[PDB]
Asker: 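Here it is: the structure, laid out below.
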Amino acid sequence: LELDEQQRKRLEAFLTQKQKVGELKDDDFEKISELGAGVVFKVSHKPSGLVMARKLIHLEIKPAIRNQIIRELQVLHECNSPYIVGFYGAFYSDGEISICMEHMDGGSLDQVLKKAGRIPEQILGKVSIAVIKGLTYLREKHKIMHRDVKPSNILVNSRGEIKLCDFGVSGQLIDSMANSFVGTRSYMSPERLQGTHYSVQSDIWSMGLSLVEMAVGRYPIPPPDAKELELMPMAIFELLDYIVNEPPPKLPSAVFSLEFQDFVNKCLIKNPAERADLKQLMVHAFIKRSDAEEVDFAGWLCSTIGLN
Amino acid sequence: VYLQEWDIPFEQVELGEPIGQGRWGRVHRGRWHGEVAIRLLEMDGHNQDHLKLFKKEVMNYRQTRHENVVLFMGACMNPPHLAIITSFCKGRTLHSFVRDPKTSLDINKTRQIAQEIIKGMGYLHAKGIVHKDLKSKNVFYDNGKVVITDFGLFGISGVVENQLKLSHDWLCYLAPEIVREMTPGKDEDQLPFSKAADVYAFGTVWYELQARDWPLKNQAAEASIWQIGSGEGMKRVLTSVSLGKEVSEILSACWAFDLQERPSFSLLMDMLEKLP
Ligand SMILES: Nc1ncnc2c1ncn2[C@@H]1O[C@H](COP(=O)(O)OP(=O)(O)NP(=O)(O)O)[C@@H](O)[C@H]1O
Ligand SMILES: Nc1ncnc2c1ncn2[C@@H]1O[C@H](COP(=O)(O)OP(=O)(O)NP(=O)(O)O)[C@@H](O)[C@H]1O
Ligand SMILES: O=C(NOC[C@H](O)CO)c1ccc(F)c(F)c1Nc1ccc(I)cc1F
Ligand SMILES: [Mg+2]
């Protein structure tokens, strides 16, 4: 699984630190500040001084399905890879589900994007590598797909790592909560929107649409006006109908290399049959380039936002 | 409204156990001597217009009485606190009733239940009241008798972020006119409910009488929104498993993409009559 040594030694350190903190209850945690809402808050755990992140979601429903949810989520203890956020534990408290996970110093690429304004091509290559590796790990090891890929669920630390949060491990939690929400943007593939059976193909599309947004600093649909692009009020159904019935976004041709332009074009093919899978994407020209490059990520991150 | 303004003689009504929350306050069981259902609302708005329109709707509901519409009894408003008192329905919701193993539906029982609902809706429409929330969970079945609840109620402007959260069961009953206008920060009161939108929701209840399930399996709400508002999803489901031509004719009529081509409830009585 192309598992590097420095990576395997930081996985071991956190797995053995995992049992050091052990099991839990409620009053072990203490608030720090507002990470944001879609709620997750920065937290201090008092048995082990390490600070973790606790996400609370409000679900009053029948306790029988509540117990099914907790037991399905414990599979996250088996999910451990250098490209997926460190998971600590899951418990029910006060009819408020809490997930305790790694704290990521730099937050979400959504936050990154607002402070950074735009993301350079050189570095988008590395995040793209991480996602395809994570998704094959996920599809191969436990046979699941993510179902909710977007910038606010990609997290970065000053340690220079990249990992993804909020992937779809529990089916019950999806049918009982996750489905009911609709935001102001949509990252859903065109074949999911028409309700056919979808696969990780749908996830490839999400990654592609997310990459456009970060590369130009603007949510890409509907496409920016022609003069607006050089310088750099719509209801939700008109958004969805554009995605299904109009051409897909594309990167601007003057600024980015072919390999980048071609990578996203293959991710954004409407027909998931012709869209690249992960095997094809891992051997793509753009991937071979960035994997072999030399970027110091930690430096970029800390000078973008002001950490150390 | 001090509840002494209503034709039902009132000395005292006592709250009982709660029986479910929702976007529109909390509904308790209560004893008027008979049992009743009491919905407690609160008006954030606190604006004279909201209570003026509330007063308008609750006075209109006073004028209603029909064996297929739940009996509206009283309403009192000590602002910001409000309460709506209706007759308590013994028996099971039609929703939980078709989903029972033991239950025996047939080509006849379905048509009878459907004609009951239409008489209730037909009355309500004649008096110019739009339900705005017809669905399987707001119709009650106790032995022979069928009662519609929770009508008119979407017109009010009481307490309910910059996201939206839409249950799947509700979306299935919503006509395309409505879901195209949905968008965060838009209240339910601004949506285009109507008599046609009510007959579309009757379309979904009739499908539920045939198939004892949603016409669309639980899925992401964005998916449902596209499929509902494009009309594609309802056209595809009509393809996928068929029932009977005469049965399906009323379904296709009610779900008609252009709202103006949808039948009235009086007409729907005739169509349901000329059946097996
Ligand atoms: N483990 C985490 N570490 C740091 N920040 C986090 C973490 N999890 C979530 N956040 C932040 O929480 C905020 C909201 O994330 P989230 O709870 O996933 O809701 P959302 O992404 O905005 N919408 P949705 O994905 O549909 O729930 C963002 O600003 C994230 O950066
Ligand atoms: N008149 C009534 N008689 C008996 N049960 C009722 C009556 N009105 C409402 N209920 C029940 O009270 C509960 C809550 O009703 P309601 O507030 O209408 O929620 P809902 O229809 O499921 N969705 P929502 O309208 O958004 O709250 C449900 O179990 C209803 O079946
Ligand atoms: O996080 C999830 N959704 O975010 C949406 C918000 O809850 C809406 O407010 C989510 C969805 C499905 C699922 F199966 C999960 F396990 C989820 N949580 C979740 C899963 C793995 C890790 I490592 C960390 C996590 F947090
Ligand atoms: Mg209701």
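Residue numbering restarts at 1 for every chain, and letters A, B, ... go by the order of the sequence lines. Quick check of the header: X-ray crystallography, 3.6 Å. Every heavy atom of this structure was used, including side-chain atoms; hydrogens, water molecules and symmetry mates were not. Both counts, for ligands and for their atoms, begin at 1 and track the order of listing.
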Asker: What drug shows up at ligand 3?
Answerer: PD-0325901
Asker: Counting heavy-atom pairs under 4.5 Å, which macromolecule has the most such pairs with PD-0325901 (ligand 3), as named in UniProt?
Answerer: Dual specificity mitogen-activated protein kinase kinase 1
Asker: Which other chains have one or more heavy atoms under 4.0 Å from any atom of PD-0325901 (ligand 3)?
Answerer: A
Asker: Determine, using UniProt annotations, which domain of chain A has most residues touching PD-0325901 (ligand 3).
Answerer: Protein kinase
Asker: I'd like to know the organism the PDB gives for chain A, please.
Answerer: Oryctolagus cuniculus
Asker: Does the entry model a covalent attachment of PD-0325901 (ligand 3) to a chain, and at what residue and atom?
Answerer: none
